[PDB]
Each structure stands twice: as structure tokens, then as C-alpha cells.
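The sequence lines fix the lettering, A, B, ..., with proteins before strands; numbering per chain opens at 1. Quick note: numbers below take in every heavy atom, side chains included, and nothing from hydrogens, waters or symmetry partners. Non-standard residues are written in terms of their parent amino acid, or as X, and the atoms beyond the standard set are ignored for contact purposes.
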Number of protein chains: 2
Amino acid sequence: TXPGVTXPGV
Amino acid sequence: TXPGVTXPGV
DNA sequence: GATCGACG
DNA sequence: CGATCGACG
């Protein structure tokens with residue numbers, strides 16, 4: 001996720 | 001699929 | 001991070 | 001055609 005907590009996705 | 005019956009996938 | 005989202 | 005298809009941070 002994110003960042004943070006990428007995306008998703010990427 | 002295949003082709004035939006792409007891949008999967010692509 | 002959370003049973004992750006977006007190319008024949 | 002196919003089949004709850006399968007493989008970039």
C-alpha cells in the first residue's frame with residue numbers, strides 16, 4: 001500500500 | 001487459452 | 001502493506 | 001471459441 005500502509009498496486 | 005482453447009494468459 | 005489492483 | 005483464465009511496488 002501507498003506508500004505506505006505502492007497503491008495498490010504498483 | 002492456447003490459442004486455441006492466449007495461454008492463459010496473454 | 002494484505003487472501004494487494006490494473007496484458008490475448 | 002477460451003474460463004470464476006494466470007503472470008508490475
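The drug at chain A is dactinomycin. Within the structure, the other chains placing a heavy atom under 4.5 Å from dactinomycin (chain A) are, by letter, C, D.
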